[PDB]
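Drug present: roflumilast.
Throughout, chain A uses the PDB entry numbering, with the displayed residues spanning 155-485 in order. Values reported hereafter were calculated over all heavy atoms of this structure, with side chains retained and with hydrogens, waters and symmetry mates removed. As the structure lists them, so they are numbered: ligands from 1, and atoms in each ligand from 1.
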Amino acid sequence: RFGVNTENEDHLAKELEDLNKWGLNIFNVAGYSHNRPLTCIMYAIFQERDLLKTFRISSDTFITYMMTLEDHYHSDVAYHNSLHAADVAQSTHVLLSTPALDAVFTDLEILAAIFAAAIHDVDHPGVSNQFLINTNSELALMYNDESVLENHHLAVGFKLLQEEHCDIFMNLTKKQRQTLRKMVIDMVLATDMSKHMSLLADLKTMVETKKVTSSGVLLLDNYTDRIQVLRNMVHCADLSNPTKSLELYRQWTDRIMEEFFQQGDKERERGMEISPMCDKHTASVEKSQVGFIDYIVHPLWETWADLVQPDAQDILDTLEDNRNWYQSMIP
Ligand SMILES: O=C(Nc1c(Cl)cncc1Cl)c1ccc(OC(F)F)c(OCC2CC2)c1
Ligand SMILES: [Mg+2]
Ligand SMILES: [Zn+2]
């Protein structure tokens, strides 16, 4: 089905043993599956959690949909291609298994979070919301300058479900489809970085009033509480590159800066003001990664670590180490 060469056969399976671990190498997975990491990992994650059985999704329909989804990720965009969506989906799969959230979420909520991660950047053009708005692009006109890309990703992901041969949610009840849709919209719209501060603040509240039962698991009474953790989960996963091993983090940084600089060039050709971190002639990649961790990634992930204490300590230590590595690359 994947046509994985007889030579990449066991290499792939050897990589997929780390499926449930933070240390999984999605680059290795993309290379052994003929650059189909999103399809590959999503199939693996769905078999592990036995989601195909629970929601009666035929294996053919699942593959057909994921393949088409993966094809809507642009392979010429340096960072926001299917490897990132696969990375965010697999990272979310690991966060959902963290001991402090054990048995807290329904199967339907697990399905929604992983599906959301998978579609969260589909058909990304390699430019930011602010670029699309400043250039009066069709998408900004379409979405009235609000969470332009995030709304688009959702629109494409759900639209690919319209044909029967691609409808993975055909066996959910009407009710389940409507709840899953609400959760997915919510989670994907929350990946808009302009909502980041609002999200971090609400998560700090959740940590302050966190009630963990005798089982050592968090108590989340209402839907409001659960979707609040899920939004933050996908958001942390989206901002997890600097929490990975240094070998992986540096390749992600290479990819993001290649995309950001490409937008700098486009802004320069059009006579627009260049965002300072986006300017290949002046910006220090190393200073920007240090600023990224101190002011965005560390504040979020330390808060997340508090809520799931102590499951995330390794993540925090890797983050401080990677930060110090980039700081040591600045003269
Ligand atoms: O913003 C990001 N991601 C992103 C998210 Cl989480 C949500 N919405 C849009 C984007 Cl671009 C993002 C992701 C990864 C980065 O570096 C490394 F980890 F690869 C990075 O560098 C900051 C810095 C150079 C100026 C920025
Ligand atoms: Mg995005
Ligand atoms: Zn993303």
Task: Positions of roflumilast in the model - done: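 All copies: ligand 1.
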Open item on the list: Could you tell me which macromolecule makes the most contacts with roflumilast here? Its name in UniProt would be great.
Closed with: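 With more contacts than any other chain, that's 3',5'-cyclic-AMP phosphodiesterase 4B.
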TODO: Could you list the atoms of roflumilast found under 4.0 angstrom from a heavy atom of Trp406?
DONE: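 Those of roflumilast that fall under 4.0 Å from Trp406 are 19 (F).
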Open item on the list: I'm comparing roflumilast with the native AMP site: which UniProt-listed binding residues in chain A have a heavy atom within 4.0 Å of it?
Closed with: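 In chain A, UniProt binders with a non-hydrogen atom that close: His234, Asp392, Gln443, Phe446.
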Task: Interfacing atoms of roflumilast (cut-off 4.0 Å, heavy-atom, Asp392) - done: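 Contacts of roflumilast toward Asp392, numbered from 1: 5 (C), 6 (Cl), 7 (C).
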TODO: Any atoms of roflumilast less than 4.0 Å from a non-hydrogen atom of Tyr403? List them with their elements.
DONE: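 Those atoms are 17 (C), 18 (F).
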Open item on the list: With heavy-atom distances below 4.0 Å as the criterion, list the atoms of roflumilast near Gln443.
Closed with: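 Close to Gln443: 15 (C), 16 (O), 17 (C), 18 (F), 20 (C), 21 (O), 22 (C), 23 (C), 24 (C).
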Open item on the list: Which residue and atom name correspond to the protein heavy atom nearest atom 18 (F) of roflumilast, and how close is it?
Closed with: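 The answer is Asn395 CB, 3.1 Å.
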TODO: Can you sort out which atoms of roflumilast are near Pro396, meaning under 4.0 Å from one of its heavy atoms?
DONE: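 Contacts of roflumilast toward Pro396, numbered from 1: 18 (F).
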TODO: Please could you name the atoms of roflumilast that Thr345 approaches to less than 4.0 Å, counting only its heavy atoms?
DONE: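 Heavy-atom distances to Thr345 below 4.0 Å select 7 (C), 8 (N).
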TODO: Among all protein heavy atoms, pick the one closest to atom 9 (C) of roflumilast and tell me residue, atom and distance.
DONE: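 Protein heavy atom with the smallest distance to atom 9 (C) of roflumilast: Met347 CG, 4.0 Å.
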Open item on the list: Can you see any other ligands or ions closer than 4.0 Å to roflumilast in this structure?
Closed with: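 Result: ligand 2 (magnesium ion).
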TODO: Would you mind finding which of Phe415, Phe446, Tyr233 brings a heavy atom closest to atom 20 (C) of roflumilast?
DONE: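 That would be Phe446.
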Open item on the list: Heavy-atom contact check, 4.0 Å cutoff: does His234 meet roflumilast?
Closed with: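 Yes, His234 has a heavy atom closer than 4.0 Å to roflumilast.
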TODO: May I ask you to list the atoms of roflumilast that are less than 4.0 angstrom from any heavy atom of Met411?
DONE: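 Once the distances to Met411 are compared, the set is 24 (C).
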TODO: Point out the UniProt domain of chain A where most residues touching roflumilast sit.
DONE: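 Most sit in the UniProt domain PDEase.
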Open item on the list: I'm curious whether roflumilast gets near the natural ligand site - which UniProt 3',5'-cyclic AMP-binding residues in chain A have a heavy atom within 4.0 Å of it?
Closed with: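 The UniProt-listed residues with a non-hydrogen atom that close: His234, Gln443, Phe446.
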TODO: Determine which UniProt-annotated active-site residue of chain A is nearest roflumilast and quote the heavy-atom distance to 1 Å.
DONE: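 Rounded to 1 Å with heavy atoms, the UniProt active-site residue is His234, 4 Å.
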TODO: Check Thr407 against roflumilast and report side chain, backbone, both or neither, counting heavy atoms closer than 4.0 Å.
DONE: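 For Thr407, backbone and side-chain atoms both sit under 4.0 Å from roflumilast.
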Open item on the list: Show the atoms of roflumilast that are less than 4.0 angstrom away from any heavy atom in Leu393.
Closed with: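 Near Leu393, the atoms of roflumilast are 6 (Cl).
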Task: Binding-site residues of roflumilast, heavy-atom cut-off 4.0 Å - done: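 By heavy-atom distance, that gives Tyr233, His234, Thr345, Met347, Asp392, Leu393, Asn395, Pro396, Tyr403, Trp406, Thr407, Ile410, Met411, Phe414, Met431, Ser442, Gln443, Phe446.
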